[PDB]
Amino acid sequence: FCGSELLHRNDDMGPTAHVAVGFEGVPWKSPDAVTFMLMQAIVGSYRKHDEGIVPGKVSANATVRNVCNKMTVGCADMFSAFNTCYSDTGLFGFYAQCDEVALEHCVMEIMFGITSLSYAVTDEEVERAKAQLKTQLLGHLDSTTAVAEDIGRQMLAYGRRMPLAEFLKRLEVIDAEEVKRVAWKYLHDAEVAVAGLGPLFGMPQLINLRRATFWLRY
Amino acid sequence: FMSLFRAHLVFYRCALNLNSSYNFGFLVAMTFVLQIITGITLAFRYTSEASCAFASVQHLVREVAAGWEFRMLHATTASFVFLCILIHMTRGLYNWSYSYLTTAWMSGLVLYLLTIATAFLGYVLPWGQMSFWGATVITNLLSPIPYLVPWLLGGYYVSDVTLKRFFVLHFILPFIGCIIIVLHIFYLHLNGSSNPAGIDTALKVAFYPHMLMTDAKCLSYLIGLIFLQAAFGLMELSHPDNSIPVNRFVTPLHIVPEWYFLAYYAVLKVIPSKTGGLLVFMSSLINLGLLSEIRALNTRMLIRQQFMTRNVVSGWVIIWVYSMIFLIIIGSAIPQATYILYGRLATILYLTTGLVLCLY
Amino acid sequence: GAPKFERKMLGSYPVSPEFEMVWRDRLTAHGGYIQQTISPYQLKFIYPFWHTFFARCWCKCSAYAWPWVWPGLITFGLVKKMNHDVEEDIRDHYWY
Amino acid sequence: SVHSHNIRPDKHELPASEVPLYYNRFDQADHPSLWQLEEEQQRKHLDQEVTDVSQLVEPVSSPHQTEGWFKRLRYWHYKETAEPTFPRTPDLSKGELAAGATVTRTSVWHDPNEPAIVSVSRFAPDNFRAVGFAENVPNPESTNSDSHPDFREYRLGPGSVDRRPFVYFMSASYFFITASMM
Amino acid sequence: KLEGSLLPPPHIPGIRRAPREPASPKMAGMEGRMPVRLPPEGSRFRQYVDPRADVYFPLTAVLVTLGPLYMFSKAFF
Amino acid sequence: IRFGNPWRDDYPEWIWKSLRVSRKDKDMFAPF
Amino acid sequence: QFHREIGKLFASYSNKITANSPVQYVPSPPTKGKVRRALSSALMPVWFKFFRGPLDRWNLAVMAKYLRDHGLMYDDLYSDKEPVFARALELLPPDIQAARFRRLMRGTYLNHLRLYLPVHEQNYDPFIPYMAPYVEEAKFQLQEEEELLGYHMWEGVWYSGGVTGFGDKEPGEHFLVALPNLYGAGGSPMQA
Amino acid sequence: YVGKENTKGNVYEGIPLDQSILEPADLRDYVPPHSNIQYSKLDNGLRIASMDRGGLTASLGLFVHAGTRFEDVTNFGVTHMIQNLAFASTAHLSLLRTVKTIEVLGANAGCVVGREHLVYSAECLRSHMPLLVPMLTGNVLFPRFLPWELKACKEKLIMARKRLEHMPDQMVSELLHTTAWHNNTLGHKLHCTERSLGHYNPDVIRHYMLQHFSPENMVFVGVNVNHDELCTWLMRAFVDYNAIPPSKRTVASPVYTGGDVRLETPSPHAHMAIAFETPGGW
Ligand SMILES: CCCCCCCCCCCCCCCCCC(=O)OC[C@H](COP(=O)([O-])OCC(O)COP(=O)([O-])OC[C@@H](COC(=O)CCCCCCCCCCCCCCCCC)OC(=O)CCCCCCCCCCCCCCCCC)OC(=O)CCCCCCCCCCCCCCCCC
Ligand SMILES: CCCCCCCCCCCCCCCCCC(=O)OC[C@H](COP(=O)([O-])OCC(O)COP(=O)([O-])OC[C@@H](COC(=O)CCCCCCCCCCCCCCCCC)OC(=O)CCCCCCCCCCCCCCCCC)OC(=O)CCCCCCCCCCCCCCCCC
Ligand SMILES: CCCCCCCCCCCCCCCCCC(=O)OC[C@H](COP(=O)([O-])OCC(O)COP(=O)([O-])OC[C@@H](COC(=O)CCCCCCCCCCCCCCCCC)OC(=O)CCCCCCCCCCCCCCCCC)OC(=O)CCCCCCCCCCCCCCCCC
Ligand SMILES: CCCCCCCCCCCCCCCCCC(=O)OC[C@H](COP(=O)([O-])OCC(O)COP(=O)([O-])OC[C@@H](COC(=O)CCCCCCCCCCCCCCCCC)OC(=O)CCCCCCCCCCCCCCCCC)OC(=O)CCCCCCCCCCCCCCCCC
Ligand SMILES: CCCCCCCCCCCCCCCCCC(=O)OC[C@H](COP(=O)([O-])OCC[N+](C)(C)C)OC(=O)CCCCCCCCCCCCCCCCC
Ligand code: HEM
Ligand code: HEM
Ligand SMILES: COc1cc2[nH]c(C)c(-c3ccc(Oc4ccc(OC(F)(F)F)cc4)cc3)c(=O)c2cc1Cl
Ligand SMILES: O=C1C(O)=C([C@H]2CC[C@H](c3ccc(Cl)cc3)CC2)C(=O)c2ccccc21
């Protein structure tokens, strides 16, 4: 896994900049895979256009809350985190869309987000994330196609299919200290890879994003 | 920096009913600027040597053109610095200004501490009997910690080294003052001043025409009075005993600090334990600091009206003022049992009426 | 300063720097009002002060009587009694 | 702003559903528009003549409220000590106030004869007004009292001199003394 | 008719009226002063209120709150 | 005693009258 | 494992507090112990007749006269530098709001002149509680926000966006974030 | 979470995901549930329907017969206002507490307006159903409609159409409707116009609700819940309170006008649609 950037600067495609940032993940079969599935949910997502019934400025998710209160106007059009596992390695990170002049905050807020997982996360947040993750995953598996896809995917990835009770039992026992252990194992003071497109005059340096992964406080 | 000048001192909008009692801040600032001018021009001819400091101050008066004028303006303007500061403090105790001007009140306290330090350092530089023995006393008072006192002195006793560093420190501190003044005003204009009525009102009026002229009027009065006292000597503000050269083995037979230090002196006369003495100052200053967050010490919603007009109960600030004046009186007198007895009565009043401000 | 619901402007023209303090303290005129002023070159300005002197002075002096003078009188009393005690001590202790 | 609030539980100061410091009698309307009518049907104390201080109406609220060591001020209204989970129920028969917590965490607004959506509508804070409100609350017409002098008795009218020379002479005089001293 | 600064309310349909206090007999000592009400008729305070004491209070305050301190001081300091 | 007394304070009638006096459309220093 | 053990301590204590919860209103325990209640009850006849009575009557006389001189009400003494009252004032209806504005104007002018009002202008009760229904609502609204948002010491980015990062939401209200610009014309937060 | 009682931590630490951790105690012999619809009714009029498929997440929904085809010249826009006020303050809960609780349970919830129906719904694990039935029924049983919430919620009435300016297909849908039934019933617009922001006061909302939101105009539907628990917790919701009383409303037949309309904008295609009426409808 190489830590590098690949930026396509272009000022003739309108005001919006697109970015993705990535970290090194873990394989399908790794013990910590589940914790990774949880961390992706702890950071979560946001859209300015369509929002449900909770205002972003009062949301229980602290990352969304911090983004939506920036300069009182809020600094992002959309952001969403992701985790992908392969046979022998993974990727973990986020994708974002934001305005030319908001890009810097747009990115560093979410990096602060992800770095919090290793220092200061608390069980209110962990349980909120568990609830949302369970809702999502257990909510997909309704139709025959979803079930068949899940059967085959797990058959290839694990050599078996993991029954629901096992997943729930392994998810239950993860607490804050466990998240704060795994993050400290893989994400604190790590290498990152970056890609972007559009009005990238605002864009931060690679070294900025890389020194963001640790806090000098504490 | 002109745009800021206009925003804060020309177009800034005040309340219509700001009377003279709100003009004394400007006044203390002006005494600061003036004291700085006279300071610098006194430094050009002062000698910082224990062997000859005294005669250095006498040379200005005797052999230099207008030599006498700068020394006497510098000496007399100090009293006005302190008088204006005390009026300025009491105004805000009276109004409960600290209810919402929290950080301004803290900054104020820091500025008052700076001013005490500056004055006392100045008081040693003419190098007479009172200067030497005052320095001895105050340095012995902060003795509790080993080696700190010979270190700060520079020496086993008050010395020429002590004079040199006191002179440099007295040079420097006023300007730190100025910086803290800018900080003070930042916190102030962040909030906005209070009324004498303690209400919120929309009947505001701009500064430049109306309030600037009142500032100027009071400024005229103050310049007047300073020159009156400086040129003719109406009041014996400073005791004569600093006119005698120093002797390291004989004290002066009667002792009276500068008036703005007498109350403190009174305490040192009447409390038996020396540490109790020092702790009274520390405690009273801590109590004043504590007023900055008085809104938190109770769950009843607070108002600024203290309803002291026509009130037979008076108010704790007035009792504080009268207790302090009584302490000045007793400060001035000789040590005798009866003076000490009424001293202790007044001291208890002074401490209690400060503690009680928090109990609304 | 002012609450955010008072310092919200109707206009949209940029506030110039020299007017900062002016619009940080904006307040609404609930109900509106009418005001009249005369140029100070067309007013008497030392007769209005003396014309209303007695009323103003009555008010000011009335307000301060109890709160400032009565404790003052008590303090003056205390000083006189202290002087008495001292002038008696000085004879008891040292005169035969 | 830089200022906090102080909503917290307190053991020296009971909550306002328990011990209100204000006089706890309020009238209630079915719709706040009705408050218009009373303003044009009541009498008012300021429409009627009195001449001596001893004739001024006496306050409704009692002098005897707040107690304790070294408390100068003996009368207050409002406090921010926090409410419990289950508040004390207002007794509307005695015209006690029902507001905020005591509407949300109490059965006070319930009526057997009426839909709930209709019943709750009467408990917004605009539907309550104290007793004595229409009779005592002032509403000025001007900042100036007709018993005091305004500019009309000081204005320099037709026939008057020009005063620019005098004004500018005054200020020039001030300045030339100032300059000599400087 | 009513105690305090209240006047009998008009009967307006749609407004619910709180009960209002009837007037009570005043005590001696309130002749010619700005009136300040007495406690309710069924309180414990109205057993011990005495308006005639408001005249001596300017002396009572000082005596009570400063005399004992003076006595203590003269005894021990 | 009305002076300084919260139970009775009010202006004397002669002070209330001093405020009714008028010098409108008069000026005695015009020659200067 | 230190942290989980102290967790256990906290959790058991919280469960004790939870188990004792009532399900309905129960009157508060008295504010004073039985000793002091006894002593006060004993000394009442002297203390209330000679000292507390006249103190509490003089106080209301002083307050009423000062408010009547100026034509204020009592609830005109509260500021809007107080968050709860700021909310209460936001919730006011037009007429009450306008009358309050007018009374404050007149009071400012009268305190400038230092002239009494005529006694026939002073015939009203100043102690009507006209702000109460709104203060109670403000208290409710501002309590729920503490419960649902303020229950932890949240972590932020320092000295970014014009705010220190330790909790402020209005730019440049603290000294270390003063002077936001060195060139240009500045700006105001309300026009973003 | 004031501390935590369990100290054992991650009890499956270091076990790969292709290695099982189930004990034989957690095995079962499968019994299907029965999945034909179950139908019930409360005494006040409310109809209840339920199914179970043994999924872990449930779907809950309340259906009200209050669309926009029931408005008039004095009402236009009221249904949109009600939908834009869903999950606002009610008798026993505030807006903030309601939405924050729905967030922290993990659920997703919302409200939808049509031309003939209004729908509220929620979704999360089935074990949370007792906590969700109140919050859904609240909105129709006793909302407060405090003015300062109406005022703060206003801009969402305009954004709803401001976004339609970059959804040509939906735009053409609305054009078809307003041209087919000109100025009546199904013809009415699904949004608040500028003329619709006048009558945005609580009395009009409340008076409209009193005519439609009675129980016999409602249905409550649940999927993946046990029917006797659903019936129990629904009955326990209406037992203390008076619901909105019934009304014998009447509905007018739509009048189909037809006609023609054009709307130009820089789109690079000619979008066209032609339509005829279906007599009688559903
Ligand atoms: C003549 C006098 C001259 C005085 C000169 C003083 C110069 C000091 C400068 C201070 C440092 C810069 C501050 C800028 C912070 C920017 C704000 C911000 O967002 O920061 C976030 C950042 C927190 O990090 P984060 O947000 O978690 O994320 C970080 C990123 O992930 C990753 O980080 P990043 O990549 O974003 O970079 C962050 C960077 C930001 O900076 C930059 O980007 C630019 C570079 C900064 C300036 C570098 C030049 C400064 C030169 C240092 C040496 C000065 C010596 C002076 C001695 C005078 C001798 C006469 O901050 C730093 O790393 C600064 C580290 C150095 C400061 C710590 C020094 C304290 C050591 C105390 C040891 C005990 C000694 C006791 C004995 C007495 C000694 C006198 O804040 C900091 O940590 C900054 C420092 C905080 C101050 C700590 C307390 C200081 C007090 C020390 C004790 C005082 C002793 C006095 C007693 C005397 C006894 C007699
Ligand atoms: C007149 C006052 C002067 C004050 C001076 C202060 C000292 C300044 C020292 C530093 C120098 C600064 C210079 C500027 C001073 C200010 C100038 C100014 O603008 O004054 C405005 C001043 C008052 O203006 P305002 O707008 O009413 O002010 C608002 C009020 O303060 C009302 O404000 P509020 O209502 O908002 O209240 C807020 C509150 C805020 O609280 C405060 O501000 C309280 C501050 C208290 C002081 C706390 C600190 C004390 C620290 C200790 C100091 C110890 C010093 C020891 C000195 C010992 C000296 C022996 O203030 C108060 O409560 C103040 C009321 C206090 C009442 C006390 C009543 C005492 C009665 C005593 C009766 C004595 C009877 C004796 C009978 C004897 C019989 C034998 O008006 C004038 O001065 C008018 C001009 C008069 C010119 C007359 C010239 C006549 C010349 C005649 C020549 C004759 C020649 C004959 C030749 C003949 C040839 C044949
Ligand atoms: C080896 C030798 C050993 C010798 C040992 C000798 C030991 C002697 C110890 C003597 C102790 C005396 C105090 C006993 C207290 C008993 C308390 C009790 O039973 O409580 C039950 C019970 C407690 O229940 P509670 O629920 O707290 O109810 C009470 C309320 O909270 C109350 O609140 P409320 O709202 O009902 O009432 C209104 C409230 C609020 O009232 C106000 O705020 C009004 C304020 C008006 C002020 C107006 C001032 C105007 C004039 C100013 C003049 C200028 C002065 C400044 C300038 C001067 C120059 C410097 O009133 C107060 O706060 C009253 C404050 C009274 C302070 C009295 C201080 C006496 C000090 C004696 C010396 C102690 C040692 C000193 C230190 C020594 C060194 C460490 O309280 C009562 O029933 C009330 C009792 C009140 C009694 C007060 C009068 C006591 C008279 C004692 C005479 C002692 C003579 C000693 C002679 C010694 C000769 C050798
Ligand atoms: C120029 C500055 C340089 C630029 C960079 C900035 C430098 C600052 C870095 C130091 C801060 C580290 C601590 C991080 C805390 C993070 C907590 C968090 O999540 O944030 C949210 C949290 C606020 O959120 P919230 O809870 O919603 O707000 C509600 C209130 O907090 C009300 O909450 P409550 O009422 O519920 O009570 C809560 C309270 C409950 O606890 C208490 O109240 C305990 C009271 C017990 C009394 C004992 C004193 C406690 C204070 C300890 C002070 C020791 C530190 C100094 C050690 C000296 C070593 C030489 O909680 C605490 O006190 C916990 C925090 C206490 C930490 C304070 C000390 C941290 C300093 C550590 C490094 C020391 C090295 C310094 C080297 C020498 C130079 C200074 O943040 C804080 O509370 C801030 C705490 C830290 C103080 C602010 C930092 C100072 C910034 C201004 C600079 C002033 C410099 C002046 C020099 C100028 C030179 C020309
Ligand atoms: C830039 C540094 C300047 C230093 C000044 C020292 C100069 C030498 C000594 C004084 C010489 C005489 C004064 C100059 C002549 C007058 C100026 C002029 O043309 O008038 C313009 C005008 C004159 O206005 P006018 O209305 O009188 O007349 C002009 C109109 N016509 C021409 C039609 C007549 O002056 C002003 O309006 C000034 C407004 C302020 C007035 C009050 C000031 C009093 C002081 C306030 C507090 C001071 C503390 C602050 C200082 C900080 C340090 C402590
Ligand atoms: C707020 C500002 C100041 C205050 C309150 C202050 C106070 C004093 C005091 C009380 C004295 C005693 C004079 C005497 O006893 O005769 C003094 C003397 C002196 N001050 Fe300051 N001072 C201030 C600023 C300055 C400054 C800025 C300087 C120089 C830069 C300075 C230099 C001196 C000198 C040289 C003396 C010696 C006077 C002599 O020997 O006769 N002062 N000061
Ligand atoms: C060198 C010392 C000081 C200077 C130069 C200074 C200057 C000023 C100025 C110019 C003002 C505004 C105008 C005025 O109030 O006159 C002010 C206000 C104020 N000052 Fe000071 N001050 C000093 C000391 C103090 C002290 C010692 C305190 C408190 C112990 C203090 C507390 C306050 C407060 C509370 C206000 C505002 C009061 C209100 O708005 O109601 N200041 N100061
Ligand atoms: C009667 O009522 C009032 C009188 C008032 N008088 C004055 C003089 C001011 C004032 C002071 C300083 C300032 O800006 C400055 C800060 C610091 C400096 O530095 C130093 F050291 F002073 F020179 C200079 C300049 C801006 C404004 C007030 O606000 C003010 C407010 C009220 Cl209500
Ligand atoms: O005995 C003393 C004495 O007690 C002080 C004292 C006065 C108060 C001073 C002081 C006390 C507290 C503070 Cl915060 C500041 C100054 C310290 C010196 C003198 O100033 C003095 C001068 C000359 C000879 C003897 C003496």
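Letters go in sequence order (proteins before strands), and every chain restarts at 1. Note: hydrogens, waters and symmetry copies are ignored here, and every other heavy atom, side chains too, is used. In each ligand, atom 1 is the first atom listed, and ligand 1 is the first ligand listed. Cropped entry; intra-crop contacts only.
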Engineer: Tell me the name of the drug molecule at ligand 9.
Structural biologist: atovaquone
Engineer: Okay, contact question: for atovaquone, which chain racks up the most heavy-atom pairs under 4.5 Å? Name from UniProt, please.
Structural biologist: Cytochrome b
Engineer: By chain letter, what other chains have any heavy atom closer than 4.0 Å to atovaquone?
Structural biologist: B
Engineer: State which residues lie within 4.0 Å of atovaquone, judged on heavy atoms.
Structural biologist: B:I116, B:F120, B:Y123, B:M130, B:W133, B:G134, B:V137, B:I255, B:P257, B:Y264, B:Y265, B:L268
Engineer: Looking only at protein heavy atoms, which one is nearest to atom 14 (Cl) of atovaquone, and what is the separation?
Structural biologist: B:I116 CG2, 4.3 Å
Engineer: List every atom of atovaquone that sits less than 4.0 Å from any heavy atom of B:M130, numbering the atoms from 1 in the order shown and giving each element.
Structural biologist: 23 (C)
Engineer: If you have a sec, work out which protein heavy atom is nearest atom 13 (C) of atovaquone and how many Å separate them, to one decimal?
Structural biologist: B:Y264 CD1, 4.2 Å
Engineer: Look at atom 25 (C) of atovaquone and say which protein heavy atom is nearest, naming residue and atom and giving the distance to 0.1 Å.
Structural biologist: B:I255 CG2, 3.5 Å
Engineer: Tell me, which protein residue and heavy-atom name are nearest atom 20 (O) of atovaquone, and how many Å apart are they?
Structural biologist: B:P257 CG, 3.6 Å
Engineer: Would you mind checking which non-hydrogen protein atom is closest to atom 22 (C) of atovaquone, with the distance to 0.1 Å?
Structural biologist: B:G134 CA, 3.3 Å
Engineer: Would you mind checking which non-hydrogen protein atom is closest to atom 6 (C) of atovaquone, with the distance to 0.1 Å?
Structural biologist: B:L268 CD1, 4.4 Å
Engineer: Counting UniProt's transmembrane segments of chain B from the N terminus, which ones have a heavy atom closer than 4.0 Å to atovaquone?
Structural biologist: 3
Engineer: Okay, for chain B, which organism does the deposit list?
Structural biologist: Toxoplasma gondii GT1
Engineer: Which residue and non-hydrogen atom of the protein lie closest to atom 18 (C) of atovaquone, and at what distance in Å?
Structural biologist: B:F120 CE1, 3.9 Å
Engineer: Would you check for a covalent tether on atovaquone and tell me the residue and atom?
Structural biologist: none
Engineer: Checking a contact table here: which protein heavy atom is nearest atom 4 (O) of atovaquone, and how many Å away?
Structural biologist: B:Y265 CD1, 3.1 Å
